[PDB]
Amino acid sequence: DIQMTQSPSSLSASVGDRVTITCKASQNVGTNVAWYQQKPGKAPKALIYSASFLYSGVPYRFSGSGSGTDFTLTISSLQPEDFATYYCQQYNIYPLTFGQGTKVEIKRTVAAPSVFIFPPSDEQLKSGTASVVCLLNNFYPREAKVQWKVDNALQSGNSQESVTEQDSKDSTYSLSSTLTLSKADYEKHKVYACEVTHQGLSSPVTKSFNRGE
Amino acid sequence: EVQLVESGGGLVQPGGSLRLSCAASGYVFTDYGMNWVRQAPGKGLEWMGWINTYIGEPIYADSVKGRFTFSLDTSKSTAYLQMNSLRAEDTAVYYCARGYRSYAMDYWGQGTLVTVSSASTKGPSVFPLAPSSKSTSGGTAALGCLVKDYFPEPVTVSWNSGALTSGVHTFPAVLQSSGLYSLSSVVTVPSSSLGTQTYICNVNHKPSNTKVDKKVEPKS
């Protein structure tokens, strides 16, 4: 088969930057190369065919170049909605083969998270389990640390985090940390605290509640 | 406009089969062939083959030849992919994508998730993430729904039957040590709206035929 190799695997660039990603074919494929844009949870969208021609509807800031084995895709002026994984593909010969994709992230100014904590509902407590949720909303960069304490005992191994994909409009992230305990354990303790560390915060922000208040 | 709608995916046991359908509209079905492409979670795109829609002649990637087959119902403008003797490694999002033989694929279906597992389907419990009583007067408040303990993916979540979209974050599900998924969907709103505006998260877990509307309000 023909292998398609893309570089870099990921890149970060600011709005308005000119950005170029590359695709190398293991054999001559003429100009029989297409590029696709895939946004989170969506189907790939066709951008370019025969290495350099735009599908109709595709914004003019997208372009492609190359022939033989070396191909490029360029975004002349990166926009927040261009956050996506970009794939090259050859159709010189079957089987059709794709590169592993290049993940393009938007670089923006630092934005501190807004933090919220949610106690377990009484409904859930009836089922024998308590989930405590800490929300970090609309922050940048993605790196954040969340620390759980229950009556000043550090909680390790009983929380899971999930992060949203970068927002297509403001280029921020949001993050949930969910602490799970038994009902019995939940009711043995008073102070539930979520401590957040992030570049946009001069010192860690703690949100907390006392059970029953 | 050109539309490709996939169905027939979802949960299937190892050793089992599914038959995916790709229903086309907005163009003359037999004027273009159809490709099938899959994408395992977190991985790249893998072309599985192409079918000639005018006479029904399929071409397969060597990796799936024999075990997967393509067929048509032109009267329904529909292409099918029957996938057999499945294994965990076949768990992926499956796409149909319109196109000529040996050429680019200019329109893709939305994709359907196939989960190969011997575990049973399980619908989610939906719990409120109640807005804080300490929410800032004249400020912004957060609330949400915890959608817990379901299998397999996916679930959809909307707010107020789709009327509320601004400020919504529905988090990627996480697999719990129980083998069940869980996620939260949250939204930020004006603090002043709490107790006046109704906030309902609409949850639909198709594999278990579980639809739940959960109202989220301040706790008393």
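The chains referred to below are lettered A, B, ... by the order of the sequence lines, with proteins before strands, and numbering in each begins at 1. Header says: X-ray crystallography, 2.0 Å.
- The drug observed at chains A and B carries the PDB name certolizumab.
- In this entry, the label on chain A says light chain.
- Entry name for chain B - heavy chain.
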